[PDB]
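Shown here: isoprenaline bound to Beta-1 adrenergic receptor.
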Amino acid sequence: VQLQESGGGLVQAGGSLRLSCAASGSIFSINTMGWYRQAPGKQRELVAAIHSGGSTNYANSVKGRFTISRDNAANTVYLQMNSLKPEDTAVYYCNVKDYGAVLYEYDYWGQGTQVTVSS
Amino acid sequence: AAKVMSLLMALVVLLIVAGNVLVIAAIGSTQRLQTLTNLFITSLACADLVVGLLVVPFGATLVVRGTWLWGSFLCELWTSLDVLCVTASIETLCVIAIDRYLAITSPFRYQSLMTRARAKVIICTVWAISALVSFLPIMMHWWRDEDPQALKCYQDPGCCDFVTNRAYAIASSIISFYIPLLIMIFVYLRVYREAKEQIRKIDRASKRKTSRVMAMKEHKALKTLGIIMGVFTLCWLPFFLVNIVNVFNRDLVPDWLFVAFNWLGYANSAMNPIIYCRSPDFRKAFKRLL
Amino acid sequence: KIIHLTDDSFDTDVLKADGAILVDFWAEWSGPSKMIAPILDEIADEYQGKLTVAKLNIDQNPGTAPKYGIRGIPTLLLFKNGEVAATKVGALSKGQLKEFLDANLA
Ligand SMILES: CCCCCCCCCC(=O)N(CCO)C[C@@H](O)[C@@H](O)[C@@H](O)[C@@H](O)CO
Ligand SMILES: CC(C)NC[C@H](O)c1ccc(O)c(O)c1
Ligand code: NA
């Protein structure tokens with residue numbers, strides 16, 4: 001199970017970006033894909049997450065601006081980030097929580113991809 | 001063979017105490033293991049441990065010596081303790097199935113819904129019901145049958161057979177086993193259905209390009225699910241089936257088989273550590289403790 | 001190695017006798033009592049030392065059978081120091097019978 005992350009880079013404040021994480025490997029039908037981020041000298045926090053049954057979960061800092069969705073066929077998750085601010089600058093990580101064990105969850109983490117927003 | 005039976009009891013006690021002590025230690029000592037699911041596992045491990053420490057030893061000696069050596073009061077107290085711990089254990093397996101159901105199907109809902117305080121109340125209730133099925137009826141003689149040959153075993157301190165009226169045998173068996181079982185079948189069946197229907201949506205997504213097949217992760221989920229329901233039912237259905245049978249046509253099932261089937265149920269308490277503590281974090285903690 | 005018992009020798013051959021002794025109660029009329037006869041002749045060789053096989057004809061020696069309450073035949077009573085430790089009734093095969101004997105010889 002490898003998580004390939006793309007769509008990050010440099011962008012001006014007020015701009016948009018579309019992150020995209022494709023998960024190539026064996027994953028249980030029921031799973032939760034999401035985007036976390038880590039600002040410089042801060043703890044890793046949740047940005048957005050989407051369950052395999054359409055349920056979503058956002059953080060208040062990104063509510064109304066960021067939109068998470070997943071590809072219907074393959075295991076790929078997109079995060080459309082609009083109205084970006086310099087606060088959003090972080091290393092965004094892709095996450096897959098696999099529920100195939102039934103009794104516990106297994107985590108997969110991507111390498112991380114830099115997003116940097118300037119004013 | 002008669003010597004093989006006594007050896008086989010010793011390892012059963014060893015597996016139960018060893019396994020469960022090790023689990024409770026692992027959860028208590030590690031910050032990472034202290035999740036809500038493992039809170040219900042801690043309830044389960046306590047019950048199973050009390051089975052290994054108190055219930056199975058005294059039960060073993062009733063088979064070895066052919067008679068109760070500790071009197072009428074400790075027969076009643078021990079019978080109550082047996083039913084308490086078996087009720088709490090099996091009901092806790094049912095609560096775990098529901099916990100995993102919520103965390104798998106509706107994970108964002110589950111976080112706000114299932115708080116630490118709510119989990120404690122659930123656990124307290126499981127034990128309170130176990131007490132009111134075990135200690136309240138057995139100590140107060142509500143479990144007692146009016147039959148003369150049954151009433152011989154209540155009068156005799158040396159006799160500590162399990163003889164109940166119709167009402168108690170049914171009600172106790174339902175509360176300890178059948179309500180839990182049906183909830184576990186219903187609950188875990190929807191995890192299979194959820195995963196089946198999700199494979200259906202992924203196939204509709206493709207536009208007739210690909211047909212999904214059962215991979216590694218789906219076959220492991222089915223094996224785990226097969227172990228959960230298979231081992232629990234193998235261990236306790238035979239005893240609890242017979243326990244209802246014996247009320248109606250008493251001589252139909254022998255006494256040696258009734259006792260042996262009950263011991264099969266005590267073995268589940270040794271299996272439960274193995275099934276419900278295979279997480280990577282459990283495996284790491286176990287290595288750290290040894 | 002089969003002991004062929006009588007009414008008078010029973011006390012000396014079974015109750016006073018050393019080790020475990022398996023007694024077969026057989027009759028010349030009973031077809032189930034004949035089915036086990038060649039099986040017990042084979043067991044006497046393989047279980048030599050571990051136990052001793054004995055046969056008692058109920059038509060020849062009717063006095064012994066009422067004392068222990070024999071209902072049907074063949075009925076196999078295992079004896080240990082002049083005491084009945086086990087019982088089987090009816091015809092068995094060698095594989096079934098060995099598992100009864102192996103478990104009671106502890
Ligand atoms: C958190 C509190 C939740 C409720 C606590 C009480 C639930 C259990 C009620 C109850 O006691 N029983 C079911 C109702 O009978 C089981 C037995 O008490 C009863 O079956 C026997 O006493 C008779 O069968 C004996 O003749
Ligand atoms: C030997 C006896 C004390 N075993 C009792 C058995 O474990 C049992 C537990 C809970 C019940 O509800 C029950 O009917 C029977
Ligand atoms: Na008694």
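Naming: A, B, ... by sequence-line order, numbering from 1 per chain. When a ligand or atom number is given, it counts from 1 through the structure's own listing order. Just so it is clear, the values below take in all heavy atoms, side chains as well, and ignore hydrogens, waters and symmetry mates.
Every copy of isoprenaline included, the relevant parts of the model are ligand 2. For isoprenaline (ligand 2), the other chains with a heavy atom below 4.0 Å are labelled B. For isoprenaline (ligand 2), the residues with any heavy atom closer than 4.0 Å are B/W78, B/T79, B/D82, B/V83, B/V86, B/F162, B/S172, B/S173, B/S176, B/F239, B/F240, B/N243, B/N262, B/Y266. Counting only heavy atoms, isoprenaline (ligand 2) sits under 4.0 Å from the following UniProt cyanopindolol-binding residues in chain B: B/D82, B/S172, B/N262. The deposited structure shows no covalent link between isoprenaline (ligand 2) and a chain.
For isoprenaline (ligand 2) and chain B, counting UniProt transmembrane segments from the N terminus and using heavy atoms under 4.0 Å, the segments found are 3, 5, 6, 7.
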